[PDB]
Amino acid sequence: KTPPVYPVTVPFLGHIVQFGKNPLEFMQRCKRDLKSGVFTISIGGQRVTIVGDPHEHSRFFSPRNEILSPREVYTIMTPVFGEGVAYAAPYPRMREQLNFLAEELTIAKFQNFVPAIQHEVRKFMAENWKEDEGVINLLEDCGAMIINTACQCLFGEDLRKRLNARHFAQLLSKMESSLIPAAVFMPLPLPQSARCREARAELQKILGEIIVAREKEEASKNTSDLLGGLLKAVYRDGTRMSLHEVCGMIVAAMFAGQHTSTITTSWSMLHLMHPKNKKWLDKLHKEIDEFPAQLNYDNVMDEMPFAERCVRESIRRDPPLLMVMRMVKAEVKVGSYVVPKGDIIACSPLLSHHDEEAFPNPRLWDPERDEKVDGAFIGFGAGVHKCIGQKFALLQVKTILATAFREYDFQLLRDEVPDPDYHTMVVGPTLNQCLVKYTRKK
Ligand SMILES: CC[C@@H]([C@H](C)O)n1ncn(-c2ccc(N3CCN(c4ccc(OC[C@@H]5CC[C@@](Cn6cncn6)(c6ccc(F)cc6F)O5)cc4)CC3)cc2)c1=O
Ligand code: HEM
């Protein structure tokens, strides 16, 4: 009564290679050949069970940690975030920590993000896109805007002086590269590891200097930044976060937002600039050609409904995180099947977002589409572990789109839209394809 396995033919290596080259075509094949949305594969002799039937998402996102656990599956992050941070911490602390973070997105806070976001976007553009026309690599530039823009929202002035975006990005890169996606399924002292520690330590040292400089300061002077937020925070037992933990959280917050948003921004701009999608590009300008130079939280939140769809449909068609997993601590029901204890249960936004019923014509970028199966869209996950940076990411991306398409027009050099590059653990467009020509207006 367990879900149908997929033929192996190579015990030394599971479906690893097939999945790595193209996991969409591969997964759809499985789900197609076995006549079942729920199926099990073997990655290096380890049963990975995939809930690929959107109707059955709740069976994956609903179970509590005691039954379904991410900790063992997400071990690989521990080196990046810290030896005692989320997924490296007992869930009670983990959850506890993640909440502090969430309280940093009170949207009591967004009040000042729009002006900041636009301040960095306009600056970058007026710094890199000067000429009346020119060629840039969209993916690399959005990455710059993302990090730059994110720091201008969460990092205080004093911190940004010591740690600027350009520099912070290098640190993330240094440690995030330490990551081998394969490990997640298959549990070293590589040059990548070393760089990762130093980078986080460096970041550590600095954050230590700033705090010291803040605590010596007295006694007022207005809205505290992310770090300050984390520093104030106190546990359920009544103890303040250790810096090592505090650092980890910041890495986490920044790490998680860097690629997912960078990619989402890119895909969005790509589709939107494509001549085939003139329909929606126009519909977009129709929505932003009314806004003033200085945008405010209100109009980005409440006055850009079609732009949100653009971002959502981007994440829908090409989800940055193609799947999420958990260790099955106890046998869990799923459809007519049963997932045995020991399995790595996983749910794939990539797969689900391409189910014919939930999203007819999956490969078609349609911003006005809606899930034909409730719960089908899981770009930001769901249940207890539903993404926390959603509201922020969306705000961050939407505002960028508004500032970019307002002052520049774009043109995709390549005939069609970039192919997804499935080799990175966070998935976006290839970037050997992202070459774009911009044209300043007036
Ligand atoms: C073929 C051999 C080789 C050759 C080259 O082909 N090859 N080629 C290609 N692949 C290959 C490629 C990819 C993969 N992976 C397997 C690992 N998967 C994976 C996905 C997500 C993941 O995330 C862990 C948590 C998820 C939530 C999040 C991130 N987050 C949330 N919001 C913002 N960020 C998070 C949450 C809370 C938080 F607080 C912080 C957080 F970060 O981190 C962990 C792992 C991805 C696919 C495997 C192999 C190869 O092996
Ligand atoms: C498009 C942008 C983002 C996407 C697509 C995204 C996607 C996700 C997904 C799919 C998950 C579920 C992970 C899992 O189920 O295993 C998740 C969780 C999470 N993400 Fe995001 N996320 C995004 C942005 C962010 C940002 C900006 C942050 C930080 C501010 C962030 C922080 C988190 C956190 C804290 C969780 C909770 C993980 C947990 O509770 O265990 N995410 N995100």
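All residue numbers given for chain A refer to the PDB entry; the residues shown span 30-216, 221-254, 257-477 in order. We count ligands from 1, going down the list as the structure has it; atoms in each ligand are counted the same way. As a basis for the values below, the full set of heavy atoms in this structure was taken, side chains included, without hydrogen atoms, waters or symmetry mates. Looking at the header, which is where the method is noted, we find X-ray crystallography, 2.9 Å.
Found at ligand 1 is the drug posaconazole.
Measured by close contacts, the chief partner of posaconazole (ligand 1) is listed under UniProt as Sterol 14-alpha demethylase. Within the deposited model, no covalent partner of posaconazole (ligand 1) is present on a chain.
Restricting to residues UniProt lists as binding heme in chain A, the heavy-atom distances under 4.0 Å from posaconazole (ligand 1) involve none of them.
Counting heavy atoms under 4.0 Å, the binding site of posaconazole (ligand 1) comprises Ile45, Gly49, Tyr103, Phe110, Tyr116, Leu127, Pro210, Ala211, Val213, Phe214, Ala291, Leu356, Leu357, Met358, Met360, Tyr457, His458, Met460.
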